[PDB]
J.: 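Have a look at this one.
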Amino acid sequence: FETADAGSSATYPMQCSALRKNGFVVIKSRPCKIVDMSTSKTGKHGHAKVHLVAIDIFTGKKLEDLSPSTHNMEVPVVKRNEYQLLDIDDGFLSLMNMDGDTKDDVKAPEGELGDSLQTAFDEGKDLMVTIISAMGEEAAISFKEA
Amino acid sequence: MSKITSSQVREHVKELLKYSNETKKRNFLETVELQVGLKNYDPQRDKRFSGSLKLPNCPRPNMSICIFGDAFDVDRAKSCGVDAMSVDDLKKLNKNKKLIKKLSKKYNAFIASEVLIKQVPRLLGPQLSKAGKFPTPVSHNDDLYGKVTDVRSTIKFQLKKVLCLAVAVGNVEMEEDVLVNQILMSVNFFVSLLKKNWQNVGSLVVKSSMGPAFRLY
Amino acid sequence: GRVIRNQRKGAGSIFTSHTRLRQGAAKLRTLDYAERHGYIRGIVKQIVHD
Amino acid sequence: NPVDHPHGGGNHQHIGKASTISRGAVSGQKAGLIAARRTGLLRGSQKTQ
Amino acid sequence: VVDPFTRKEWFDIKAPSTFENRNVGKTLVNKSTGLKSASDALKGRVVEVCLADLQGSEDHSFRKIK
Amino acid sequence: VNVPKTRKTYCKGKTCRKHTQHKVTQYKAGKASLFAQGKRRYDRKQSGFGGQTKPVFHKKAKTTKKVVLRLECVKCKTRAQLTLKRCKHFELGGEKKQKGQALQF
RNA sequence: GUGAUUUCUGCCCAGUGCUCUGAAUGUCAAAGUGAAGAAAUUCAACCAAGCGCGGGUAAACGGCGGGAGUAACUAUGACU
RNA sequence: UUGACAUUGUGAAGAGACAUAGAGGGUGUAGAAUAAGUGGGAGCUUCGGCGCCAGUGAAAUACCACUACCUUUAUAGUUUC
RNA sequence: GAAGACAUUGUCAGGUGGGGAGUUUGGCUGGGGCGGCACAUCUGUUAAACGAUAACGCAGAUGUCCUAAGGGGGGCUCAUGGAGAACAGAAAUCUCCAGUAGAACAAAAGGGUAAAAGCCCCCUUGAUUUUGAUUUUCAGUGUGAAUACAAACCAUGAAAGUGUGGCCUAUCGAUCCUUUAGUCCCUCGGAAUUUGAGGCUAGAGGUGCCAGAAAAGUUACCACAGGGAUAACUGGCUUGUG
Ligand SMILES: C[NH+](C)c1cc(NC(=O)CNC(C)(C)C)c(O)c2c1C[C@H]1C[C@H]3[C@H]([NH+](C)C)C(O)=C(C(N)=O)C(=O)[C@@]3(O)C(O)=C1C2=O
Ligand SMILES: C[NH+](C)c1cc(NC(=O)CNC(C)(C)C)c(O)c2c1C[C@H]1C[C@H]3[C@H]([NH+](C)C)C(O)=C(C(N)=O)C(=O)[C@@]3(O)C(O)=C1C2=O
Ligand SMILES: C[NH+](C)c1cc(NC(=O)CNC(C)(C)C)c(O)c2c1C[C@H]1C[C@H]3[C@H]([NH+](C)C)C(O)=C(C(N)=O)C(=O)[C@@]3(O)C(O)=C1C2=O
Ligand SMILES: [Zn+2]
């Protein structure tokens, strides 16, 4: 008895210039969403370097980065999945696939979005929620009425 | 290294079938229970372990299963013989709470249909999943009798809030070697689902229905 | 870089104190029997500028 | 000039980095505010009162 | 469990001989253990009482003695 | 990719030189023990003054790893390794696909 | 650091620094402790500062955007 | 800067942790119910009855173990502040 | 007089540490820089009817996907159009006729394929073992890909046969280090036994700058060796633009 997993790092290395706005980037072993970018020439026969400002989505924390524009950067392979909420249990929301129903591990989102989700489920009005999965961590990001 | 091997389990399962098969022969079919317990797993912090394993034989052979099916699933249930629970009495049942409580508490395993599985939350309520019983999907191609045996065999190790878990392995009159193989397979499945494996298993009890709780580890 | 001004300041030479016009060190009378048990009388005779 | 001080270099006269040096810094780095628990104009005014 | 009311013990406060009631009253202090003298905890004390209670009569009801 | 848990393939054992049944697992790498000669050489070379002495790899370009299956024969308990190509996703014994089943979005 | 006198020094503590009698070990070396072994050894807990989590500080480094609708000429928009 | 060992001897007092076996416990509704939880369980036994079914409730009562948590008892001692 | 087995000091271990020390800061390129990858590959054309053939020529594509979309066997014919049949219409399903492929064959383009290489069904694991030979790039080296056999053991089919992955052309990686599999194999060199370690045979962990360094800037304060192989004047050829 084992668990099969092909070796797949959740980062494709791409490029400092190929990272764009609303992006996904790995700054110091955390997923983050590129919210600001700027190219900047350094010298007089110099090259351009990229300054990146991004927000870590699982904590919502601002992380910055500086690199020469010709260097490679890790890009997380995020997967957004659209699931169905059965019931909000003791902080750990119960979730449903297209047919399967495992997904019982996602912490109910602690923000005001999750509080309004709790109010919705409490007066019923059943929803489908959107969950992001990236580099080992998963989080509910956005509720949506079916 | 597998901390639990066959030999000690051979001896403990000899003494288990000893106490069941002559000492207190009862008036109903008892079931072997593996009760496991964790040490370092904090339920609020770690990733929840969840997993089902199809057994090579049968546990409790008289579980009470209910079929949420439409036409083909319902007709197959009428052919085999399992209580089929169609959308008819489901929408005739919607306007209550006590009756859904009665249904969920009365039949223990629920089996569903692919085209019913999405509005089971709607038509029913959260009570089934809250109890720990969500209807398992069954396709039209899938033979209903075979999948009924599947669901009467599947063992589920899944953390909910606590650190003691308990799973029925099998009956008490089936043969010694398959009981040994099953209990070893279930232990190994638990250890495989864990993070630190044998380091974080701490409690390993086998029982049937009564006082004697025959420890393995 | 270069050794900066405060490091040079601690390394002595130019950054010492100018003690040419200074009087003696301004210290109290040392402890003895007269001050420890009774009292001793001195006379302040010249107040000057350090 | 940048050789003579941490603050140093130019094209514009500015500190460049934060002027609050650590307490645990080394010689040649302690050019600024040495272990500043607070900065800016103070009001006010108690330390131990 | 700390059970301080059995950890402690009672003591009897008495008055100077100018008054007539010899018994003033009772107090309570922790047991005299090591490194902490309950007796010093007793000397650190000032107590308030009524002169009507000290002199018996009601003519001295307003007056209070520390 | 999906590969079954069982496979009838050639066995190299001297008691069974024919096609026999094999269970299919995945090769997970070993513990990288501390007393290997290269590790002892690395410890002695890194000890002292001088800093890092051998190169450390930085410019990763490939995301995938070739999967290699460990086959254990069910009779002679002999093992073999079979290499399968670069696949991002891998499931040992997943559900078989259905030819013409009703799509479910 | 700014650069006489007069007048004033607005907002932002997210980032980067700096700081703390904030909180629990989440991670955490050597030495020490326990289990297995014939030992070399392996695996555990316990684990200092630090890092991380929290608070403060801008006469610390610094920063200080947009887009719509809206008033009897029209136009702008006090306002939303 | 922090920790260990050495220099480094001689003593107390109070706490905390570990160390193995027991014992006992866990009362907002509603339910007649003193519902810590999970799991099997339609039988159970002491031969009285209990339990299921009924009702009730967020979850059920017999037979049962297990899990942590709390309290002490036995508690050689080790170890830290 | 004060402190007191604390602190200092000695040795290890962790943190911090541009204060300081070394070192680095790819290539191609109608100058260099920014851009791009023409740096490892694949299709059509340029390419001048064997082969070879350039440009930062043109139009595009690759770093995947599949236990079936691999292998064998069998039944059927595919786009499209016409005529019809309740709801039903332009188009839902069913027939009939015509239908050389105008469809499909995972993906870019080209080629190939009709009682199939397409679409459904049945069985399977030739996507296996042992090494050799050959073709392509080529130095006739390596890597990758592929071809035909041999000795086995299999799958399929009634059988002939076919099958050593994808109908063909692309889909990928040396030394050193680590790890796994094989026989029951060799060595630990005074002689033995066990763990341990080192070997032999085959794989994987990866070098995309893809025959494979471990690597950020600035310099108008600059320095050196050079270069008209190379830019900023003039001259020259050309005249789009004026
Ligand atoms: C850094 N240390 C020396 C320290 C110092 C002080 N106070 C001072 O500044 C000292 N000044 C004095 C000596 C009082 C004059 C301190 O006040 C503290 C601490 C330690 C922290 C440690 C905390 C810790 N976790 C949360 C990081 C922890 O695990 C515990 C614990 N449960 O054992 C703590 O005690 C801790 O939470 C804590 O409270 C600390 C202090 O209070
Ligand atoms: C504020 N003081 C009272 C304090 C309290 C606690 N304890 C707590 O905070 C416990 N409270 C909780 C519940 C954990 C939040 C503390 O835990 C601490 C400290 C301060 C320092 C004391 C330090 C001291 N040093 C500076 C000479 C010392 O005696 C030692 C030592 N030789 O053991 C220290 O290591 C000390 O740095 C230290 O650890 C402290 C604390 O952590
Ligand atoms: C009684 N507590 C408040 C205390 C006081 C002092 N110092 C004093 O008495 C003087 N400080 C005052 C005057 C009260 C401000 C203390 O000096 C200390 C301590 C506590 C201990 C705590 C120790 C503990 N260890 C054993 C795990 C702990 O929790 C920590 C920690 N990681 O925070 C310690 O560091 C601890 O070892 C420690 O250092 C303490 C003290 O030194
Ligand atoms: Zn075999």
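Every chain is numbered from 1 and lettered A, B, ... according to where its sequence line falls, protein lines coming before strand lines. Whatever order the structure lists ligands and atoms in, that order sets their numbers, starting from 1. Readers should note that the entry appears only in part, and the reported contacts come from within that part.
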J.: Which compound out of tigecycline, asunaprevir, saracatinib, gilteritinib, oleandomycin appears at ligand 1?
T.: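 The correct choice is tigecycline.
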J.: Name the macromolecule with the most heavy-atom contacts to tigecycline (ligand 1) in this structure, as the PDB entry names it.
T.: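 The chief partner is 23S rRNA.
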J.: Return the chain letters whose heavy atoms come under 4.0 Å from tigecycline (ligand 1), other chains only.
T.: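 Going by non-hydrogen atoms, G.
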J.: Which residues make up the contact shell of tigecycline (ligand 1) at 4.0 Å, heavy atoms only?
T.: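 Within 4.0 Å on heavy atoms: G:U21, G:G22, G:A23, G:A24, G:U25.
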